[PDB]
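In what follows, chains are A, B, ... by sequence order, proteins preceding strands, each numbered from 1. Heavy-atom basis, side chains included; hydrogens, waters and symmetry copies ignored. Numbering of ligands and ligand atoms starts at 1, following listing order.
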Amino acid sequence: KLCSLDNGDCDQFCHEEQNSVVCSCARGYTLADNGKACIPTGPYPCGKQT
Amino acid sequence: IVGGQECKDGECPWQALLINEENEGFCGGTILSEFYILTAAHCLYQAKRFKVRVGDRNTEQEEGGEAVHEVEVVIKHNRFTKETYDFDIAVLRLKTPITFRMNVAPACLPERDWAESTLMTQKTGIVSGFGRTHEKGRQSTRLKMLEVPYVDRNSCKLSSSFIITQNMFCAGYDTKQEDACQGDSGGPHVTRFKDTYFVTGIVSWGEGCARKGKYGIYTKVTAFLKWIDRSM
Ligand SMILES: O=C([C@H](O)CS(=O)(=O)c1ccc2cc(Cl)ccc2c1)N1CCC(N2CCCNC2=O)CC1
Ligand SMILES: [Ca+2]
Ligand SMILES: [Ca+2]
Ligand SMILES: [Ca+2]
């Protein structure tokens, strides 16, 4: 149920492991300190307009 | 693309155009990385030999930002057949890498179970291409895009006497005259999630274009994420 509302507050991917939200990101992104946001790791990250 | 609108600068940067031996665009593709383009398996049977153009916005004019890449290898799905159009997916490895720049950037690959549950359940996606602007119409010299609603599975299956499989999905309109069309084949269907675009479909087939009670059929990318990863 954890990812069913507001995507678990994740910017990108949301999963549930041992009854807690785990966020993750696409290749070329890294998880921010807060464990929710996805920060590009370089120029021209995937899925962004130029 | 039937209806919709022209892509603005920066807007559709993952669009690729497959060009045949006569230099005519005949299918689209989606940039996945510096070396790999996603397209439809059926596109491979439209031209013996072809190349891939990126950064193209206007097919009749030189821009100074567009580039043509030759294909090193074609990776076609083993289970595609012309009889079913099932497994309509291929990956192209380019001979020389793409330099990402204005109007040239990759779409994100989604993550399977998350995308099935959260991305495919969005109201709409966006399809883009240089294909015909109506059934029997001329191709577009300008890159176009169109917002298309996801169609529920039962309405989808009932729309055709052809078998629409679990590896396909429908998007578009019942009667509104907007759809993808011939020449958009192989191109991107993307879905936005929180300001990031994920490639969710490959333009595959329709019964004509924009017909009443007919939808666009797309290869379901989530059904092939491991296959794509292995191919790349
Ligand atoms: O009419 C067509 C063409 O698809 C019509 S088209 O080239 O204008 C075209 C192409 C791609 C499109 C993609 C979207 Cl999302 C929407 C509209 C599209 C329109 N046919 C007869 C049906 C055949 N077919 C499939 C099912 C399995 N066996 C077949 O023969 C495919 C071919
Ligand atoms: Ca051009
Ligand atoms: Ca998952
Ligand atoms: Ca229709």
Exercise for review: Specify the drug or drug candidate modeled at ligand 1.
Suggested key: TAK-442
Main binding partner of TAK-442 in this structure, as named by UniProt? Activated factor Xa heavy chain
Problem set entry | Other chains near TAK-442 (non-hydrogen, under 4.0 Å) | B
Exercise for review: Give the residue list for TAK-442, heavy-atom cut-off 4.0 Å.
Suggested key: B:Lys82, B:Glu83, B:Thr84, B:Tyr85, B:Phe162, B:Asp179, B:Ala180, B:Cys181, B:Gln182, B:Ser185, B:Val203, B:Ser204, B:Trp205, B:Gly206, B:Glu207, B:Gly208, B:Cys209, B:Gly216, B:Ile217, B:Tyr218
Can you check whether B:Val203 has an N/O within less than 3.5 Å of an N/O in TAK-442?
no
**Request:** Name the source organism of chain B according to the PDB.
**Result:** Homo sapiens
- [ ] Report the nearest protein non-hydrogen atom to atom 19 (C) of TAK-442: residue, atom name, distance rounded to 0.1 Å.
- [x] B:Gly208 O, 3.3 Å
Handout entry: Nearest non-hydrogen protein atom, atom 4 (O) of TAK-442
Key = B:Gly206 O, 2.8 Å
>> Is atom 23 (C) of TAK-442 near the protein, in the sense that some protein heavy atom lies at less than 4.0 Å from it?
In response: no
Before signing off on this row, confirm whether B:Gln182 and TAK-442 have an N or O atom pair separated by under 3.5 Å. yes
ask   = What UniProt domain of chain B accounts for most of the contacts with TAK-442?
value = Peptidase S1
task: Find, among UniProt active-site residues of chain B, the one closest to TAK-442; state the minimum non-hydrogen distance to 1 Å.
output: B:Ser185, 3 Å
Legend entry - For atom 29 (C) of TAK-442, closest protein heavy-atom neighbour: B:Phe162 CE2, 3.8 Å
message = Using a plain distance cutoff, I'd like to know if B:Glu83 has any nitrogen or oxygen under 3.5 Å from a nitrogen or oxygen of TAK-442.
response = yes
How close does the nearest protein non-hydrogen atom get to atom 14 (C) of TAK-442, and which residue and atom is it? B:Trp205 O, 3.5 Å
